[PDB]
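The structure to be discussed contains 9-cis-retinoic acid.
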Amino acid sequence: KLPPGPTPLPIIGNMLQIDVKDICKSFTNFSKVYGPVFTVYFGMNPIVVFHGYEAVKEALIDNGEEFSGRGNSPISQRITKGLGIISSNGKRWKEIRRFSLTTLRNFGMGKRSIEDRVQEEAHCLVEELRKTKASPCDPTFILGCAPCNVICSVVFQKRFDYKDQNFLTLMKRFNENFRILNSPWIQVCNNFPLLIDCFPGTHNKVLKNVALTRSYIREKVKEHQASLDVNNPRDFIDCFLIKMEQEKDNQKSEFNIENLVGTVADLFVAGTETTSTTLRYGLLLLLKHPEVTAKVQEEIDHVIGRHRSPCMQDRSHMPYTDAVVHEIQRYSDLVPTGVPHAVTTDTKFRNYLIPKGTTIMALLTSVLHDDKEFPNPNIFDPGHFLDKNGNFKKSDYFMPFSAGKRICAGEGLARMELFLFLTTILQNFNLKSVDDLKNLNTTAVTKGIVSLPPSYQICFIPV
Ligand code: HEM
Ligand SMILES: CC1=C(/C=C/C(C)=C\C=C\C(C)=C\C(=O)O)C(C)(C)CCC1
Ligand SMILES: CC1=C(/C=C/C(C)=C\C=C\C(C)=C\C(=O)O)C(C)(C)CCC1
Ligand SMILES: CCCCCCCCCCCCCCCC(=O)O
């Protein structure tokens, strides 16, 4: 028996009872009436939601093996075709995600570490902010390049010149497609496929952007295979090709070109817009909270100094800054409803039974905003991650990357980009607003699977 929930309508389920513009608002509201676990229907499809740390943990963690599946929706099926790591299941997923995790270790890609590739970008990042000559600007674009280049640097040999036209279009397609798919419309179309016909232009655009993007990713593999030296890998591509060669004999090996071009793409899409969005939400919060930013700058000066680039080792000596990066992710609440899962088999969740294949949703927001774990969860405060003596306080409720067997595969890289970008920037700059900080609103604009910070201007004044 499925978890109780609003009784649905004959064809559209509870659709005309949910705010497609702000789903969490609708879900939280259902929890006040149905409790921690409940069922809602998007059209014909049943979806069971988990609200609050207890339900979310029990699902993703305790009953982790059951809730580690990807549902495979209509839109989803014509893009990734089940290829890769974000949209794959079973044997193929376990093998691509184990390899990926292994090669995304700081030193899993040959001699140059991931950390070195990220520091180089942070430098180029501050270098671009210099070119704004301290005038007011919207950091969306420059701030969106760095995280893109990081991936480029991780899957290809060298990074791109910010002005390298080949980099720019390779960035717009991913952005363009990201904008398209982070619309409340993908929900409607995903549960009512027929509606997709009403959007030929949009549908054609996505397809084209995916063709060009994959097409370019396949070229970079051509080149890589003609210069491969199995002894010294250069990036994610080499590490994959080497693995391929080692599996060349068993013809049912998941390590084939298709999963490669697919996995690389998964890295871009899951790794660009996300950290890029968290960074942008971060500078805004530091721009609005000068008291927090000075304290951070005081740790940089003391531990890192002003001549050398910061590095991950500096975090263990900077509990305040770390707490600021942790509170930036909690507050920004990038992915409130979390990404949907599907159960691998008939599953008994405490008192109920969830049939295999059913779509599941663990509301990360409900954890990131638990008002017992983070007193006054609606206010930005590094203190939520600091104890009485100013030491870093970790929380089991810190799930901006989700939890369980499907936790973000590049969590290590997300945090490295956040730490090294924010501290490098705050070491060479101070944040000035063109107007009183009081005017500055921090309320996210939630209109899709991914929340964005409100638009804003910011002046990067060199210290
Ligand atoms: C601050 C930035 C980021 C945040 C908040 C974030 C968050 C998440 C979340 C919420 C998920 C879904 C977990 C689930 O299915 O339950 C996820 C998945 C994933 N992330 Fe990230 N992510 C970020 C950046 C990165 C980066 C930089 C990469 C790549 C190098 C990446 C790689 C992926 C991949 C491949 C998955 C799918 C994993 C799977 O289904 O097995 N992410 N991340
Ligand atoms: C990984 C990931 C993302 C992208 C998802 C992609 C490319 C496919 C999802 C397919 C699903 C969720 C299929 C299903 O189960 O029906 C977004 C950028 C939103 C946010 C951060 C984590
Ligand atoms: C499409 C899609 C979704 C949204 C993902 C987002 C926000 C961006 C995707 C970008 C891609 C798929 C880019 C590319 O590969 O070019 C969700 C998870 C709600 C459900 C399954 C279908
Ligand atoms: C200031 C400009 C006002 C004009 C507002 C026009 C609003 C209509 C928008 C229609 C969008 C439909 C897009 C369909 C795209 C497709 O073919 O898939």
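FYI, the numbering just counts along the sequence from 1. Just follow the structure's listing: the first ligand is 1, and inside any ligand the first atom is 1. As a basis for the values below, the full set of heavy atoms in this structure was taken, side chains included, without hydrogen atoms, waters or symmetry mates.
Location of 9-cis-retinoic acid, all copies: ligands 2 and 3. Of all chains here, the one making more contacts with 9-cis-retinoic acid (ligand 2) than any other appears in the PDB entry as Cytochrome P450 2C8. Residues in other chains coming within 4.0 Å of 9-cis-retinoic acid (ligand 2) by heavy atoms are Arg70, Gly71, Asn72, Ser73, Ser76, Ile86, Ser87, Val269, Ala270, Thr274, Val339, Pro340, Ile449.
Atoms of 9-cis-retinoic acid (ligand 2) lying under 4.0 Å from any heavy atom of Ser76, numbered from 1 in the order shown and given with element: 10 (C), 13 (C). Atom 14 (C) of 9-cis-retinoic acid (ligand 2) lies below 4.0 Å from at least one non-hydrogen atom of the protein.
At least one N or O atom of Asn72 sits closer than 3.5 Å to an N or O atom of 9-cis-retinoic acid (ligand 2). The source organism recorded in the entry for chain A is Homo sapiens. The contact set between 9-cis-retinoic acid (ligand 2) and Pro340, taken as ligand atoms under 4.0 Å from a residue heavy atom, comprises 12 (C), 15 (O). For atom 3 (C) of 9-cis-retinoic acid (ligand 2), no protein heavy-atom neighbour is found at a distance under 4.0 Å. Closest to atom 6 (C) of 9-cis-retinoic acid (ligand 2) among all protein heavy atoms lies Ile86 CG2, 3.8 Å. In chain A, UniProt heme-binding residues less than 4.0 Å from 9-cis-retinoic acid (ligand 2) by heavy-atom distance: none. Residue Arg70 has no nitrogen or oxygen atom sitting less than 3.5 Å from a nitrogen or oxygen atom of 9-cis-retinoic acid (ligand 2), judged on distance alone.
Polar contact with 9-cis-retinoic acid (ligand 2): present for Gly71 (N/O pair, distance under 3.5 Å).
Atoms of 9-cis-retinoic acid (ligand 2) found under 4.0 Å from any heavy atom of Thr274 (numbered from 1 in listed order, with element): 20 (C), 21 (C). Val269 O, 3.8 Å is the protein heavy atom nearest to atom 18 (C) of 9-cis-retinoic acid (ligand 2).
Shortest contact from atom 17 (C) of 9-cis-retinoic acid (ligand 2) to any protein heavy atom: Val450 CG2, 4.6 Å. Of all substrate-binding residues UniProt records in chain A, the ones placing a non-hydrogen atom under 4.0 Å from 9-cis-retinoic acid (ligand 2) are as follows: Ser73.
Nearest protein heavy-atom neighbour of atom 12 (C) of 9-cis-retinoic acid (ligand 2): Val339 CG1, 3.5 Å. Taking a cut-off of under 4.0 Å to the non-hydrogen atoms of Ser73, the atoms of 9-cis-retinoic acid (ligand 2) that pass are 16 (O).
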